[PDB]
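Entry with rupintrivir (bound form): notes follow.
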Amino acid sequence: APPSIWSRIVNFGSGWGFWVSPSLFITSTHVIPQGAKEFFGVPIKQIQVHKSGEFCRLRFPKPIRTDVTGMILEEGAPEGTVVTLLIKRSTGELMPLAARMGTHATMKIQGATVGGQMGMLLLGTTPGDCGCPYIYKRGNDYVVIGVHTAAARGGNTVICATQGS
Ligand SMILES: CCOC(=O)CC[C@H](C[C@@H]1CCNC1=O)NC(=O)[C@@H](CC(=O)[C@@H](NC(=O)c1cc(C)on1)C(C)C)Cc1ccc(F)cc1
């Protein structure tokens, strides 16, 4: 993926988050810090936080990342679409993993219900990777489809948290 997209991925709590636009920031519910009084200098009360299972969306009252453009955000990718899971590691190493996305579904993961899309990695995902984006290109427009939330032990299945309607 291009550098402009990688720069949108920043460390966030126990995982990562993705600047969809200067004002919109998506991450995993499992990683958002629950005791924080602010994110990126903005008092938490001024941030509009939305939550759809494991998809956590933060709308900021003013542009924060003015250097980025507004990307397309969609609920998953068409079934069979090969996407790239942009994993950043704590070291700073970039570890783009290719995945073929599959069934959209409401899934039960460890008792909890998760809205998202199953994928298959095509050297895998690890505990610190949640919140990293699933990205693919459609023509000339890059598209983010969700954020990493889970991966099935004993197989290549990974779970991409998506946002509902
Ligand atoms: C906040 C502290 O924990 C973390 O590090 C959070 C991020 C890690 C990243 C995983 C960590 C490893 N490889 C990865 O990519 N995620 C999880 O652990 C998730 C659970 C799994 O990955 C499990 N997968 C499934 O249950 C699962 C079921 C199906 C189907 O697919 N995966 C186990 C492999 C750990 C946490 C979770 C629990 C309930 C939910 F509603 C939704 C999510």
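Residue numbering in chain A adheres to the PDB entry, whereby the residues present occupy positions 1-122, 132-174 in order. As the structure lists them, so they are numbered: ligands from 1, and atoms in each ligand from 1. Hydrogens, waters and symmetry mates are skipped; everything else that's a heavy atom, side chains included, is used.
Structurally, the greatest contact with rupintrivir (bound form) is made by what the PDB entry calls Peptidase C37. Heavy-atom contacts of rupintrivir (bound form) within 4.0 Å involve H30, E54, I109, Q110, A112, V114, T134, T135, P136, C139, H157, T158, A159, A160, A161, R162, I168.
Distances between N or O atoms of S14 and those of rupintrivir (bound form) include no value under 3.5 Å. Between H30 and rupintrivir (bound form), a contact under 3.5 Å exists for no N or O pair. Among protein heavy atoms, the minimum distance from atom 24 (N) of rupintrivir (bound form) is reached at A160 O, 3.0 Å. Polar contact check, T113 against rupintrivir (bound form): no nitrogen or oxygen pair lies under 3.5 Å apart.
For atom 29 (C) of rupintrivir (bound form), the closest non-hydrogen atom on the protein side is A161 CB, 4.1 Å.
The protein atom (non-hydrogen) at minimum distance from atom 15 (O) of rupintrivir (bound form) is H157 NE2, 2.5 Å. Under the PDB entry, the species noted for chain A is Norovirus.
At a 3.5 angstrom cut-off on N or O pairs, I168 does not count as close to rupintrivir (bound form). Considering only non-hydrogen protein atoms, atom 41 (F) of rupintrivir (bound form) sits nearest to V114 CG2, 2.9 Å.
Distance check on atom 22 (O) of rupintrivir (bound form): some protein heavy atom falls below the 4.0 Å cut-off. Close N/O approach between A159 and rupintrivir (bound form) is not found [any backbone or side-chain N/O within under 3.5 Å].
Protein heavy atom nearest atom 4 (C) of rupintrivir (bound form), with residue, atom name and distance: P136 O, 3.6 Å. Each of the atoms 41 (F) of rupintrivir (bound form) lies under 4.0 Å from some heavy atom of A112. Of all protein heavy atoms, the one closest to atom 26 (O) of rupintrivir (bound form) is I109 CG2, 3.3 Å. Counting only heavy atoms of the protein, atom 10 (C) of rupintrivir (bound form) lies nearest to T135 O, 4.0 Å.
The distance criterion of under 3.5 Å between nitrogen or oxygen atoms is not met by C139 with respect to rupintrivir (bound form).
Here the heavy atom of the protein found nearest to atom 17 (C) of rupintrivir (bound form) is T158 O, 3.8 Å.
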What are the distances between nitrogen or oxygen atoms of rupintrivir (bound form) and protein nitrogen or oxygen atoms, counting only those under 3.5 Å?
from                     : atom 1 : to   : atom 2 : distance (Å)
rupintrivir (bound form) : 5 (O)  : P136 : O      : 2.7
rupintrivir (bound form) : 15 (O) : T134 : OG1    : 3.0
rupintrivir (bound form) : 15 (O) : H157 : NE2    : 2.5
rupintrivir (bound form) : 16 (N) : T158 : O      : 3.2
rupintrivir (bound form) : 22 (O) : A160 : N      : 3.3
rupintrivir (bound form) : 24 (N) : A160 : O      : 3.0
rupintrivir (bound form) : 32 (N) : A160 : O      : 3.3
rupintrivir (bound form) : 32 (N) : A161 : N      : 3.2

